[PDB]
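Worksheet for the structure shown next.
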Protein chains: 2
Amino acid sequence: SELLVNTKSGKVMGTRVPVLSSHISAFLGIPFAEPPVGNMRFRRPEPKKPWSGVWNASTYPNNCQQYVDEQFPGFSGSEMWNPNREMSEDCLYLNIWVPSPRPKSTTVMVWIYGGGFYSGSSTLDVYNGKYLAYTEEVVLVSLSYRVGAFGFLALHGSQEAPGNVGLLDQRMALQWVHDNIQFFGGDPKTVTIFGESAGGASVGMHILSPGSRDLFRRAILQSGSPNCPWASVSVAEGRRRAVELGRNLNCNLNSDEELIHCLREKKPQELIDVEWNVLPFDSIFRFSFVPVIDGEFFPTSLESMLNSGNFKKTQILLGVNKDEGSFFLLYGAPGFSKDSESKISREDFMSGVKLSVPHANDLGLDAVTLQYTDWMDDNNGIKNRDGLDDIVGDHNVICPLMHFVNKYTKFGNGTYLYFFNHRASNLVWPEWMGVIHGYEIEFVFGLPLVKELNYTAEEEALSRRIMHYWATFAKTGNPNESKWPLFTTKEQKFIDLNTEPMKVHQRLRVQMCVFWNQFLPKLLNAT
Amino acid sequence: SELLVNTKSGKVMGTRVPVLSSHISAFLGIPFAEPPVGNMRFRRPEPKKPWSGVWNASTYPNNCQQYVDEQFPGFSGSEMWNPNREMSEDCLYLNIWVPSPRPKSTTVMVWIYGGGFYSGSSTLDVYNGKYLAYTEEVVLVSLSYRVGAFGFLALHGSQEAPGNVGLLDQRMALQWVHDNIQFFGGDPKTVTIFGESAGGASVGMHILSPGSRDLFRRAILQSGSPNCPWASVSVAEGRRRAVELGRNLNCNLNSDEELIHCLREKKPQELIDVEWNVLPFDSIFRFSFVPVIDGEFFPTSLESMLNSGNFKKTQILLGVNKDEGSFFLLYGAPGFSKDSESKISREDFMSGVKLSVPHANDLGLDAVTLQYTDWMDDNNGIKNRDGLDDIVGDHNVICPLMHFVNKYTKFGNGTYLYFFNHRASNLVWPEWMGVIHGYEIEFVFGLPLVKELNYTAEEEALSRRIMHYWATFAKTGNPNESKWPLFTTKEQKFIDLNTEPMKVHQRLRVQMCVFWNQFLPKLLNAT
Ligand SMILES: COc1ccc2c3c1O[C@H]1C[C@@H](O)C=C[C@@]31CCN(C)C2
Ligand SMILES: COc1ccc2c3c1O[C@H]1C[C@@H](O)C=C[C@@]31CCN(C)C2
């Protein structure tokens, strides 16, 4: 039967799902690891023991234990990222959307969800693979991984909690796709991994980690990169935050063993409640438990690796959105409100700047401020608000990605860079937020195709267009079959991704990025 | 007789000089101090002993001993600043242009020539007061002072050479005008001192020095201010350069006395030849012997004085030219030539930046470079050349003046700010130089009125217009009788000075000046 598939792990029974006046097969909730529950918490993922009988894969699996956003209860604009399924420590599953009739050996795309490494669900509505799978005829897989302390508590030196296990979780799913995507009609030799933000940074972390490279062909990174200031910490800091988390729970901190045992006895929610009390600074765009530069998963510093070419050379298609910072200022910078134009004042701008560059000293803050302030109209609340948006996105997303892109393109075999700057006609967030972090996804996953969603004809068109780029690129290592120029260390060309006639530009945010990538770091270091 | 005047110093016989189809009286070469020759060299000016008989004041006096420019022999564009009279250590004279018939009690304007404190002549063609005096009916006086080591060798602690004597020379002339300008028909209660560059900085130094304030009513400063990076040095540095100068002449450096004696035995030219070998850095826009913050002439640091309001509060009219740096890059930065468009390359830009900010460290140089580089077209030779022009002018002229202006306006009784950005239709210097440092003078002195000079009708008009502003302001403390707005700490309005309809703008070069006046200094200090 088209809905029954036999894998090296056991028989899997999917379900026929309708799509744009048609149907396809979906296998949801396929286990790819042993439940990381019990004494396994914090530990590396064990391979999922094979099962006898048919595994029921017709319904979404539980979501991983994560901090739930309640900043705007009932607000679609925010609840849309919230777990839409019971949360559980038993969440290591994957979902596959396979065209009908079942392919033989077609392109495979593996989606890695974001969420700051502390949240995320593959089961999210915006992650419904059925539209991409059907329209582009690809076998779409969406994995899951442990987020928060559950997947990133890093007590280096210890085997009970080495950290990075959330990354290992992504890899084991990648390992499972390599081993079983064939029986689903997918070509395990043409698998593209892609993710947004935390997923995009994850994707790039797989490009760098020696133990992950062989498990995929090419990669797509959306608003995220491995070298993002928030995507990783040192083992020292990771150890620092792990102990501090134990402190928050009145744990025996006399030994890693003592510490881990305590944390393992705590209910999941117990850890999620104090999870935020461990950051070292008052900051925006920073999360407690993220990947650690352990020396294992990451042989050396990410910078040295990018420099020495120590990483998987292949084709990469990546980009950023126009207003990456907006989402983060709305949640933690004073002066920003969801229901107001959020015009910012000097005092609030200075407060934002401070929250945005936590590691910066005074001279550094002065540097940032001077760089984004129009001293001929410094009291402009819209300029102050916008400049603060740019500061957060440039420093946390746009510039770190421009570094990686320029570092990679030197040894890579093909780079394609886009700048998504289109605002959904039906966005529910305030307009001052603009093209919000994570709002290109719906187009990538072709949501603008479902009439019930109220998108404009142009948006459906842009979605289709973007969706073809992703797939076509996944399939051929090139987005093209109007030509989206290749990015070269020389010309640095990139294109705009919106409902308007393609346009090509060069040096995406050089000025601001030369400051973020070269000057500031040199300054902060000198001082 | 209209050409004979009796002063407290002796009888002075002038000469009737023709002007724009008319005539006026001129008394040139009136001594105002005892010749600073002999053991008097380096010493403070002594009052000129009164003379019996009539002093012949119908011809220009000698020029002070200064380094002569031979960078472009015979080139009018440069020789026009060169001494047009025998140089001599006996150069302390002043010239007065008095209208005919002789006034009774009319406005007095005293011109202080520039020349980096190492050169300058009141007898220069562009300093011919006859046009201003005649047209505006003012009694125009132009003094002289000792430049170079002769007027600025600073061996603090010693009375033989305390330094700043060149400033004292200007003051003694001011003292002589206060005491004798009446017998010439000038009102010693309405005397405005004005000068360009070194003279403009001098002017402001008289506004700050307690012992100079009472000797004049208001002041006009053109492309120069007291706080310019090159207008003064510390006594330590002044002592450093004095000894180094002795070293250059194989002098006994065992004691200030030993040192001064040696330097006094040397012929003037002996000192001018090695004068440049004493700068502490490889630099542009820096001169060996300049005013010292001695604690006498300047009670405290110029910054503290400007901050505490410790200075003469009155009306000031000041401004800058568009391309102040151009003249200095043409003479010392690699890549600049008088006969080429001087398109600069990255390597030469970086070399310019280095020469422009000598005291800057690496981080500082990186700061400057990032601030003036268009990283989307960084190889543009015209942008590189222009950006380097701005760096030199902004840092050495425009920004230091914007500091002073903003500091003064807080305690002053009237500030008028202009931005002269008109290029003489008959300029002989290359066009890449633009509105060159010191090229507003000819308009201020109404040269565009003399047909033989080939100026356009508009330029003669602009000259006349500017000349009325200066005089009208000198006379009333206001340039106006189309209204040139007053500059206020709040609005910071200033106007453009060119042949086009007056336009008012605000915050003259804020961006670049916030960097030069606040950020860079904070950085250089932090690092
Ligand atoms: C660094 O990126 C993020 C940090 C935190 C969050 C998100 C992030 O990226 C956004 C889009 C997508 O990746 C998932 C969640 C995000 C939007 C919802 N908020 C509440 C959580
Ligand atoms: C800091 O200003 C200067 C430093 C050196 C020189 C001049 C300066 O200002 C110029 C205009 C006027 O003030 C007199 C001389 C100048 C033009 C001729 N050169 C050769 C000497």
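Numbers restart at 1 for each chain; the letters A, B, ... are given by sequence-line order, proteins then strands. We count ligands from 1, going down the list as the structure has it; atoms in each ligand are counted the same way. For the numbers below, each heavy atom of this structure counts, side chains included, while hydrogens, waters and symmetry mates do not.
Here, the main chain in contact with ligand 2 is recorded in UniProt as Acetylcholinesterase. Looking at ligand 2, the drug there is (-)-galantamine. Taking 4.0 Å as the heavy-atom limit, the other chains contacting (-)-galantamine (ligand 2) are B. With a non-hydrogen cut-off of 4.0 Å, the residues around (-)-galantamine (ligand 2) amount to B:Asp69, B:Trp81, B:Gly114, B:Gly115, B:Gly116, B:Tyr118, B:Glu196, B:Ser197, B:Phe285, B:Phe287, B:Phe327, B:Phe328, B:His437. Close contacts between (-)-galantamine (ligand 2) and B:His437 involve ligand atoms 2 (O), 9 (O), 10 (C) [criterion: under 4.0 Å to a heavy atom]. Counting the atoms of (-)-galantamine (ligand 2) from 1 in the order shown, those under 4.0 Å from a heavy atom of B:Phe285 are 1 (C).
Of all atoms in (-)-galantamine (ligand 2), listed by their number and element, those nearer than 4.0 Å to a heavy atom of B:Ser197 are 1 (C), 2 (O), 9 (O), 13 (O). The contact set between (-)-galantamine (ligand 2) and B:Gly116, taken as ligand atoms under 4.0 Å from a residue heavy atom, comprises 3 (C), 4 (C). In the entry, the organism recorded for chain B is Torpedo californica. In this structure, atom 6 (C) of (-)-galantamine (ligand 2) has a protein heavy-atom contact shorter than 4.0 Å. Of the polar atoms of B:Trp230, none of the N or O atoms is found under 3.5 Å from an N or O of (-)-galantamine (ligand 2), judged by distance alone.
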